K.L.:
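Consider the structure of beta-1 adrenergic receptor with carvedilol bound.
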Amino acid sequence: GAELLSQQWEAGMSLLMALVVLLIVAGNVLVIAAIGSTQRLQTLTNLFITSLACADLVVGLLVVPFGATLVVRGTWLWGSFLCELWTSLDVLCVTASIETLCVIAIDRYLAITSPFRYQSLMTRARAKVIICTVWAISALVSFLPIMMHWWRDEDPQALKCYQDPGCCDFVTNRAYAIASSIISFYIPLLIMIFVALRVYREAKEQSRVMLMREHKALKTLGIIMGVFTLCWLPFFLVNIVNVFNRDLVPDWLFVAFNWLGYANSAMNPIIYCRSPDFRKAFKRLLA
Ligand SMILES: COc1ccccc1OCCNC[C@H](O)COc1cccc2[nH]c3ccccc3c12
Ligand code: NA
């Protein structure tokens, strides 16, 4: 009865979760194998795309599976330490993603306003240093505050969760909710939007078939940026609203918005099918 409902729901939800995991992983392996085996896809810009695929891969392999076992079994099975590690990895991947999108926007702005300065300034070795720098900064603002417990609240319902090994709710104090949201998300979001609008203005101020092909590619990048925003902004708006008033937004919708964020990790591989070169490498690799 209660037990039959539980069996039906657990089995259906395990299946949906396996699908999501599979889509995230297969799609981002494909992006990475495509770029890694197609000389024509090995541009500097695509080094940043690979990094973005690595963040989404880590969400497919680690973040979503743990989150799935929690949603399905209705308890955390893995101990306190893995709860904190899982949370740190979650925060890391969102931070690395939006910082990397920001870099991509800046790379394109430079290329479109100073193609020659771009040429002498930007090399493989420098792109790699930029990628490492993004992951370094992202790890810094993710792991250390979570591992030093700067996020913990003193409310008794929070302390209840922190003491129960089967609770892995990321219940935070307000200061951390604000500061961490601004540092990991809002600041790079704003930078990315400001730069992406400038790139649009510059594109509008611009042989003909080659200019077309570039503009198709710029719009692809513009779409991954806009869809990332659409997928995560609702979550981070509710995160701030909750600080000021917990009743304005029902909890089920806050949770749904987190899952929409996770869903973003399956979207870029599909969006890259707008490109002939990606489409051809995908077809070939699936052989
Ligand atoms: C809504 O909770 C969940 C329910 C079921 C399964 C997984 C769930 O996710 C719990 C962890 N999700 C974290 C979110 O997936 C990512 O949240 C963040 C990413 C980057 C910086 C951040 N700064 C912050 C301050 C407060 C809350 C979140 C963040 C945060
Ligand atoms: Na706990």
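All residue numbers refer to positions in the sequence shown, counting from 1. Below, each value reflects all heavy atoms present in this structure, side chains not excepted, and no hydrogens, waters or symmetry copies. Remember, it's 1-based here, ligands and their atoms both numbered in the order they're listed.
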K.L.:
Provide the full list of ligands or chains for carvedilol.
P.N.:
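Counting every copy, ligand 1.
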K.L.:
Check whether any N or O atom of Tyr176, backbone or side chain, sits under 3.5 Å from an N or O atom of carvedilol, and answer yes or no.
P.N.:
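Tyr176 vs carvedilol: no N/O contact under 3.5 Å.
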K.L.:
Where's the contact between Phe235 and carvedilol, heavy-atom distance under 4.0 Å: side chain, backbone, both or neither?
P.N.:
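Answer for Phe235: side chain.
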K.L.:
Restricting to heavy atoms under 4.0 Å from carvedilol, which transmembrane segments of chain A are involved, by UniProt's count from the N terminus?
P.N.:
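Heavy atom under 4.0 Å in UniProt segments 3, 5, 6, 7.
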K.L.:
When you compare carvedilol with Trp86, is there at least one nitrogen or oxygen pair between them that comes in under 3.5 angstrom?
P.N.:
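No, there is no polar N/O contact under 3.5 Å.
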K.L.:
If you take the residues UniProt annotates as binding cyanopindolol in chain A, which of them have a heavy atom under 4.0 Å from carvedilol?
P.N.:
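Within heavy-atom range of carvedilol, the UniProt set gives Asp90, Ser180, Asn258.
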K.L.:
For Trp232, take its heavy atoms, then give the atoms of carvedilol lying under 4.0 Å from any of them.
P.N.:
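This gives 15 (O) as the contact atoms.
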K.L.:
Look at atom 13 (C) of carvedilol and say which protein heavy atom is nearest, naming residue and atom and giving the distance to 0.1 Å.
P.N.:
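It is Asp90 OD2, 3.3 Å.
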K.L.:
Please confirm whether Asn239 comes within less than 3.5 Å of carvedilol when only nitrogen or oxygen atoms on both sides are compared.
P.N.:
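Among all N and O atoms of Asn239, none is under 3.5 Å from an N or O of carvedilol.
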K.L.:
How close does the nearest protein non-hydrogen atom get to atom 1 (C) of carvedilol, and which residue and atom is it?
P.N.:
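Protein heavy atom with the smallest distance to atom 1 (C) of carvedilol: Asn258 OD1, 3.2 Å.
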K.L.:
Can you check which of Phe66, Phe236, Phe185 brings a heavy atom nearest to atom 19 (C) of carvedilol?
P.N.:
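Considering heavy atoms of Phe66, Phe236, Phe185, the nearest to atom 19 (C) of carvedilol sits in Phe236.
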K.L.:
Which residues of the other chains approach carvedilol to under 4.0 Å (heavy-atom distance)?
P.N.:
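The heavy-atom cut-off picks out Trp86, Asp90, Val91, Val94, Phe170, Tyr176, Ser180, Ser184, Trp232, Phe235, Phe236, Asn239, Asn258, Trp259, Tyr262.
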